[PDB]
Structure formats: C-alpha cells, structure tokens
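Depicted below, calcitriol in association with Vitamin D3 receptor.
Within every chain, numbering begins at 1; the chains are lettered A, B, ... in the order of the sequence lines, protein sequences first and strands thereafter. According to its header, the structure was obtained by X-ray crystallography, 2.0 Å. Note that these values count all heavy atoms, side chains included, but never hydrogens, waters or copies made by symmetry. Whatever order the structure lists them in is the order used to number ligands and atoms, beginning at 1.
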Amino acid sequence: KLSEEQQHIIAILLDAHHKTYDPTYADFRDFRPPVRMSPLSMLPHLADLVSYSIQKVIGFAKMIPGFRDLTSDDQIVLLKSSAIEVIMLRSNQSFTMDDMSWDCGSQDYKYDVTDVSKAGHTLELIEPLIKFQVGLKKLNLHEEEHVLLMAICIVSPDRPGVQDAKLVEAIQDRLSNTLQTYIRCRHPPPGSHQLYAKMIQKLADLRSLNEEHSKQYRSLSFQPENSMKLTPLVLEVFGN
Amino acid sequence: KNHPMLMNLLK
Ligand SMILES: C=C1/C(=C\C=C2/CCC[C@]3(C)[C@@H]([C@H](C)CCCC(C)(C)O)CC[C@@H]23)C[C@@H](O)C[C@@H]1O
C-alpha cells in the first residue's frame, strides 16, 4: 500500500514542480531572441533557455525530501551531473509528437531539430534525443510519476564525484520505492506493464544522452567565441 | 569546489 509518507513525498514533488515549471512560458521573453536565418544562430537563445532551466531544476532539487540532508558538495555534484538529464526529462512536457518539436506556446518559441542544430549540436545527439522524447511521451506517465522520475534522476549514487554514496542511495531508495508502490496501487493496467523498468531504462538513456551532450558541449565551448555566447551559470554548471 | 553560483542557488 501507498503509505502516508509515500503520499506525502508525491505531494511535495508535485508542488515543487508546480513552483518551478511555468506552463505559460512567459519568461522566455527575457531571453536573447531566437534567430532562425548563419552558424549557431540559435545558441544565444537556447543557451538562455537552458540557463533559465538549470535555475529551475535547482529549485526543484532543493525540495526533494532528503536532498537537503546531503553535504553542500554532494548537492553540487548531483546537480552538475543531473542538470542536463533533468532538462531533457522536464522538456517532455512541452514536446509534442504531432510534429516532433518542443512547443512552448508560440511559433517563436517552438523548437525543432534544425533549431537545436543551429545551437551547435549534431544528429548524433539530436536523433536519440527525439527518440527519447518520443519513447517517454509513449509511457504517458502520470504527473506523479514524472516528478518522481526527475527526483530519482537527481539523487543518483553513481554520479562522478559523490562522497556520501551510501546516503545518496538511501534517499533515492525512498523515492524509488515510492514510485514502485505508486505504480502498483495507482497506475491501472495495461499502462502499468513493466512501467517501472521502462522508466529506469529511460534513466539509462539519459546517461547516454548526458555523455554525448557533454562531448558536443566540450567541442562547442572549447571555441572561445562560442563559449562567449553562453551564460555564466551554464559555464559553471556544464563546465568551462 | 569553485561553484559560486550553484552554491548560492542551493543555500
Ligand atoms: C529547456 C526546456 C525546454 C526544451 C528543451 C529542449 C528544446 C531545444 C534544445 C534543447 C535545449 C536540448 C539541447 C541538446 C541542449 C543544448 C545546450 C547547450 C548548447 C548549452 O549545450 C536539450 C533539451 C532541448 C522547453 C520547456 O519544456 C522548458 C524546459 O526546461
């Protein structure tokens, strides 16, 4: 059964997401304008988008039960490694299979494969990124499962640089068991079939997507002129 | 370890 504590946990993560994801996308107006003409013409805009989203991912992680019990250092390593993965995850909410783009409310802020390409990335990342978005969308997760997956992604024991892996793992196990139990008690079949295992597989896909993004990011950022168009937070979090 | 902005956003 879903204990009171597990329901409390789901309640907290739902609210935390509510406070950190604005479905109206009103803030996108603050970003440098998107240019769709020109090499890297979408980099300033998507760099801003990402920087804004890292800030939101951080606010979410702070409200993850137990996350605050970690040392400043472990909090930092967990966010540095998970940030891009949680951004790929959370972006599923704006992704649409209708035309395989991320649709943020208006044509200006609708992003497709060629936009991401004009941000300095290649199909080696972009294709499997879309396949990821598609397969995640096909799980048709409950919002409860969506926020649990993001939280589990953030508190992962095997992230590089982790110190207190025993405690990271203990916090994750609490969220994992919350998710496994939620699915059994609240996700009716056939949608529930192997759903936990499919969700964990998506966390593996995310590791692979993380690895490739980092590679294309290092190539992009190694050019001082490109790294110039990024933001200070992106340079600190993604590396410089 | 030299993450001023991450650390500030986490506090
Ligand atoms: C951010 C969010 C959104 C979409 C995410 C996208 C679409 C454009 C391309 C992005 C930003 C992918 C790129 C591979 C990342 C490039 C970043 C950089 C150039 C710095 O290496 C990752 C996720 C993709 C919109 C909204 O869902 C909020 C969410 O929070």
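Other chains reaching under 4.0 Å from calcitriol with at least one heavy atom: A. Note on calcitriol: A:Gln93 sits outside its first shell, no heavy atom being nearer than 4.0 Å. Contacts between A:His213 and calcitriol, counted as non-hydrogen atom pairs separated by less than 4.0 Å, involve the side chain only.
Residue-to-ligand polar distances place A:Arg90 within reach of calcitriol: an N/O pair is separated by less than 3.5 Å. Heavy atoms of A:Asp115 found under 4.0 angstrom from calcitriol: none, in either backbone or side chain. Proximity of A:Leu43 to calcitriol, defined as any heavy-atom pair under 4.0 Å, is confined to the side chain (atoms from C-beta onward). Closest to atom 12 (C) of calcitriol, if we only count protein heavy atoms, is A:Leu129 CD2, 4.0 Å. In chain A, the residues that UniProt lists as binding calcitriol and that have a heavy atom under 4.0 Å from calcitriol are these: A:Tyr21, A:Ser53, A:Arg90, A:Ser94, A:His121, A:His213. Residues of chain A near calcitriol cluster mainly in UniProt domain NR LBD. With respect to atom 29 (C) of calcitriol, the closest heavy atom belonging to the protein is A:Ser53 OG, 3.7 Å. Between A:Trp102 and calcitriol, no pair of N/O atoms sits closer than 3.5 Å.
At a 4.0 Å heavy-atom cut-off, calcitriol touches A:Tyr21 through the side chain alone. Calcitriol lies out of reach of A:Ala47, whose nearest heavy atom is not under 4.0 Å from it. Note that atom 16 (C) of calcitriol has protein non-hydrogen atoms nearby, at separations under 4.0 angstrom.
Of the candidates A:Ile54, A:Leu235, A:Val116, A:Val116 brings a heavy atom nearest to atom 8 (C) of calcitriol.
Any N or O atom pair closer than 3.5 Å counts here, and A:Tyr111 shares no such pair with calcitriol. In this structure, the binding site of calcitriol at 4.0 Å (heavy atoms) is formed by A:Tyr21, A:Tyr25, A:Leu43, A:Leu49, A:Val50, A:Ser53, A:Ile87, A:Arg90, A:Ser91, A:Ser94, A:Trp102, A:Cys104, A:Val116, A:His121, A:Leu125, A:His213, A:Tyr217, A:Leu220.
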